[PDB]
2 protein chains.
Amino acid sequence: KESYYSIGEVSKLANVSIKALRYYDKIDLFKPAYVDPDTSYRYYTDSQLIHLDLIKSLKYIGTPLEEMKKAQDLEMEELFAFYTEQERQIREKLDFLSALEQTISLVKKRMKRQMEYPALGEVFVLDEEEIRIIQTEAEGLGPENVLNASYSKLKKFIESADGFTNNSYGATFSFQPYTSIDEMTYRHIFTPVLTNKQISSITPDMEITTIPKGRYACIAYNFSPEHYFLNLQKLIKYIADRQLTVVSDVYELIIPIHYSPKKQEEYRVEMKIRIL
Amino acid sequence: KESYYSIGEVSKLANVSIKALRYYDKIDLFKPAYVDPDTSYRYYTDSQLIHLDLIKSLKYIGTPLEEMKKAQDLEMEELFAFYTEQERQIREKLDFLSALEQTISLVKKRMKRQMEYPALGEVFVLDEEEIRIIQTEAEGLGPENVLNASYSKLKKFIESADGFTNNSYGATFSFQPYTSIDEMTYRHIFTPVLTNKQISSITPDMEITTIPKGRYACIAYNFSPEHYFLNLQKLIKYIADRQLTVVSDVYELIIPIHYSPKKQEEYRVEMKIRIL
DNA sequence: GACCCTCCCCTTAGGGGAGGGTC
DNA sequence: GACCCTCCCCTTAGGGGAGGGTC
Ligand SMILES: CN(C)[C@@H]1C(O)=C(C(N)=O)C(=O)[C@@]2(O)C(O)=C3C(=O)c4c(O)cccc4[C@@](C)(O)[C@H]3C[C@@H]12
Ligand SMILES: CN(C)[C@@H]1C(O)=C(C(N)=O)C(=O)[C@@]2(O)C(O)=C3C(=O)c4c(O)cccc4[C@@](C)(O)[C@H]3C[C@@H]12
């Protein structure tokens with residue numbers, strides 16, 4: 001009333017740190033009513049304690065301090081407007097997050113699916129849910145000469161609307177009685193999508209399409225160049241012997257087993273191909 | 001394939017800034033496969049481009065970099081677990097925000113209500129929705145000697161569970177034919193609550209209770225010491241003349257008109273009191 | 001030219017000290 | 001002792017330069 005509080009008093013009363021109060025002092029956001037010229041001690045009137053209500057609340061919603069300053073000079077109506085503005089900012093974040101939460105949930109679904117492949121090396125046949133992807137003409141690209149840099153555009157679009165890139169890399173090709181990997185060329189390289197956000201200015205050389213819900217002859221193994229071709233052969237054989245008919249191209253996905261640059265690279269490969 | 005990308009190439013391919021790549025280099029998160037000893041130029045193999053998928057995605061969800069490091073060495077299963085952990089962190093933020101969004105919406109409702117008081121200075125009678133508050137014994141505290149520091153404990157609890165403090169300050173007293181502000185003493189001082197989060201270790205000297213839904217004789221004005229008492233008198237008179245019966249104490253709320261420390265302080269005052 | 005280098009300063013909002021003089 | 005002072009270093013993840021030597 002007829003005295004000042006010293007900074008410690010104010011700090012206990014307002015549950016704000018001393019270091020905080022000295023800061024707010026520095027930045028002319030909250031300044032002691034009076035400062036002893038000899039001890040440079042800070043002293044605060046009781047009535048001025050009220051300006052902390054606003055600072056503490058804005059701080060809680062996380063308004064930057066320089067913002068708070070321009071906040072103080074607001075009329076009750078403009079303060080209303082300002083709050084409305086926060087409501088907007090928030091709702092934006094809530095959307096971002098509901099989205100994020102789902103994307104992750106799905107990434108997890110896919111990862112699990114891969115940690116459950118019944119047999120590596122063996123040809124299992126199974127029923128698969130639809131997979132949406134974005135693909136693009138593979139212009140004379142075999143397994144032998146394809147690079148990560150080849151995925152640069154696809155990646156750019158997908159991550160530009162999914163925000164998530166860590167993923168698996170895809171390729172399709174014609175099912176033939178290949179006798180040599182030398183004979184192989186990809187029709188498309190592709191990359192799966194995780195969101196429904198619309199890619200923004202998608203150019204015509206990208207096709208958005210999917211891997212149809214259907215029944216697939218699959219095979220999946222950890223990568224090694226010996227095994228790559230010979231496993232493909234396992235598959236062609238599986239179909240040969242069971243006289244199955246194919247209704248799609250061979251799909252091929254390579255997903256990394258880890259991303260530590262300290263261990264030798266290792267990749268899970270999965271070839272599947274739809275049948276009637 | 002049989003060459004390196006220079007940092008600019010990698011930057012365009014992976015849509016990551018050069019300054020970013022030099023940083024990741026510094027912190028041994030991503031390092032060029034090779035560094036020219038003479039030009040200190042950075043050079044990156046195509047195959048190592050894959051470690052950016054993970055970094056870019058973690059960055060999107062906003063994992064700190066030192067975290068990403070310990071992320072890299074994870075097995076596909078532990079990476080799963082890690083993601084689950086993010087799902088937790090997020091859901092936490094989504095809650096925080098749905099909460100925040102509501103609190104604000106309500107603050108706005110109250111503010112509006114105050115920018116619509118039909119007449120300042122005049123005694124309007126009206127129907128009011130319930131107001132939840134937290135109050136505490138006012139120990140020999142009149143209008144004449146009450147301080148902001150008096151609200152220190154209430155404030156602490158309410159903000160400890162509401163996160164929002166900027167507010168209005170309350171007091172109640174007995175409705176009497178007062179002849180002098182000298183004669184006035186508050187029964188309680190109080191402060192409204194905005195959340196339903198439970199105050200955590202609430203001590204018994206606080207009572208959580210509310211201002212009942214009911215019909216109230218109100219009066220509200222911008223503060224000035226001349227007017228304070230004389231307006232209270234206006235109210236006592238209103239009731240006298242209409243022979244109304246009172247079923248509650250006088251409630252009194254002071255909310256600030258602005259929080260700029262640059263203008264002369266100004267407060268909206270509102271006295272209301274319930275009737276049959 | 002175009003491209004890359006290191007090195008330096010700047011960005012929030014204070015928290016943690018050290019070392020001094022205080023109520 | 002308890003309390004307060006200034007002053008200094010440290011915390012993310014780089015962006016923006018300046019000034020040098022490059023492909
Ligand atoms: C585009 N694609 C399907 C694969 C890819 O982009 C990869 C990647 N980004 O991780 C593989 O590492 C991928 O680049 C990769 O590792 C491949 C190979 O190195 C080989 C080699 O050396 C010999 C035979 C077959 C392959 C291969 C078909 O598995 C190659 C697949 C490549
Ligand atoms: C607790 N309460 C209801 C009010 C309060 O805490 C205030 C605040 N924190 O802003 C008022 O400024 C409050 O502290 C305040 O301003 C009050 C006063 O200064 C006076 C004076 O000087 C003379 C008569 C009446 C009042 C008064 C009743 O309006 C006082 C109300 C005070």
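Proteins get letters first, then strands, A, B, ... in listed order; numbering begins at 1 in each. Order of appearance sets the numbers: ligands from 1, and atoms from 1 within every ligand.
Looking at ligand 1, one finds the drug tetracycline.
Within 4.5 Å of tetracycline (ligand 1), most heavy-atom pairs belong to the chain that UniProt identifies as Multidrug-efflux transporter 1 regulator. Heavy-atom contacts below 4.0 Å between tetracycline (ligand 1) and other chains occur for A, B. For tetracycline (ligand 1), the residues with heavy atoms nearer than 4.0 Å are A/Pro143, A/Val146, A/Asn148, A/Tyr151, A/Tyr169, A/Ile181, A/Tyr186, A/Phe223, A/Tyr228, A/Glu252, A/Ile254, A/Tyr267, B/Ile50.
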